[PDB]
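Pictured: Beta-lactamase, co-complexed with benzylpenicillin (bound form).
Numbers here simply count residues along the sequence, with the first being 1. In listed order, ligands and their atoms are each counted from 1. Recorded method for this deposit: X-ray crystallography, 1.8 Å. Basis for what follows: all heavy atoms, side chains included, without hydrogens, waters or symmetry-related copies.
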Amino acid sequence: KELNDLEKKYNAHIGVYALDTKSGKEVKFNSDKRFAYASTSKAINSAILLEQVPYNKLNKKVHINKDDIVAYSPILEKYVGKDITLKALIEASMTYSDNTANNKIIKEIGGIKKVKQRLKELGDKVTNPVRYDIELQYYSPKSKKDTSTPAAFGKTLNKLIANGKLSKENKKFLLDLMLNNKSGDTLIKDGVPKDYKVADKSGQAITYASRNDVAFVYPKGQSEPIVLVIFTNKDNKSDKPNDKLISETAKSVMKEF
Ligand SMILES: *C(=O)[C@@H](NC(=O)Cc1ccccc1)[C@@H]1N[C@@H](C(=O)O)C(C)(C)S1
């Protein structure tokens, strides 16, 4: 309804899935439509690693070489020939959307093929990781590669983080990164009521103005999060997104709760 209106105001396509984990209440709009998840996949990879490595053991270091470095790695770019702890990899991936950190997290997990296995165990047969960064960012409406539906992606985010194989410490370390992430400030954070806490991970693919934001939103007073997945995109390959679209979509969706 009003989301269709926002699709008209911004000449864009909105994908929404939101789940209040307390009530089990869901808001869906183009929720079974495929979108490039882009960097929002970093939250998923980070959480999967965290299921396998206890907080105390995030101090394990791993070697970084030139072959590991991919574009848009503001943190990892300085670790060629150096060691980095898994904790700092996760921090890089989440806070700076470091692409090299995210690939190394997927490697730690055991590779794309293992992320796929985990996804399927969580009943997610939609989220479709195929490539590492940055190649996963070359979205095409014609390919399913590195795409998901807001519903499949949110359900996974809910089963992985919102409840709940993560220890209290690993769950806190991930969510704090997401809460403290100043790079998602123009998205969901921008549209939610100022007293709501928002723990997000944003994404922007190279093509079709694919701009996304996923978050754990805590309406003031509630501790149970509302999982919010907003995927947007446009008709043209070189289209530039408008973050206000996501900000407005989040505002609208939050009234439903
Ligand atoms: C996650 O979505 C990452 N996206 C890319 O690596 C592709 C890309 C898209 C637009 C500009 C540059 C690179 C990260 N998200 C972007 C972004 O927010 O635009 C980063 C440049 C932070 S990498």
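For the residues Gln137, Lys201, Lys42, the heavy atom positioned nearest atom 5 (C) of benzylpenicillin (bound form) is part of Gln137. Looking at the UniProt active-site residues in chain A, the one nearest to benzylpenicillin (bound form) by heavy-atom distance, rounded to 1 Å, is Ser39, 1 Å. In the entry as deposited, the covalent bond from benzylpenicillin (bound form) ends at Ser39 OG. Annotation for benzylpenicillin (bound form): atoms under 4.0 Å from non-hydrogen atoms of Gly203 are 2 (O). Within the 4.0 angstrom cut-off, atom 20 (C) of benzylpenicillin (bound form) has no protein heavy-atom neighbours. From the protein, the heavy atom lying nearest to atom 7 (C) of benzylpenicillin (bound form) is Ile206 CD1, 3.3 Å. Within the 4.0 Å cut-off (strictly below), no protein heavy atom is located near atom 11 (C) of benzylpenicillin (bound form).
Only the backbone of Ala205 comes within 4.0 Å of benzylpenicillin (bound form), counting heavy atoms alone; no side-chain atom from C-beta on gets that close. Shown in contact with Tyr72 at under 4.0 Å from a heavy atom are these atoms of benzylpenicillin (bound form), numbered in order with element: 12 (C), 13 (C), 21 (C), 23 (S). Counting heavy atoms under 4.0 Å from benzylpenicillin (bound form), residue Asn99 touches it through the side chain alone. The substrate-binding residues of chain A named by UniProt that have a heavy atom under 4.0 Å from benzylpenicillin (bound form) are exactly: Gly203. Not a single heavy atom of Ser183 sits less than 4.0 Å from an atom of benzylpenicillin (bound form). The source field of the entry for chain A reads Staphylococcus aureus. Around benzylpenicillin (bound form), within 4.0 Å by heavy-atom distance, are found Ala38, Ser39, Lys42, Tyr72, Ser97, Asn99, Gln137, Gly203, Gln204, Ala205, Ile206.
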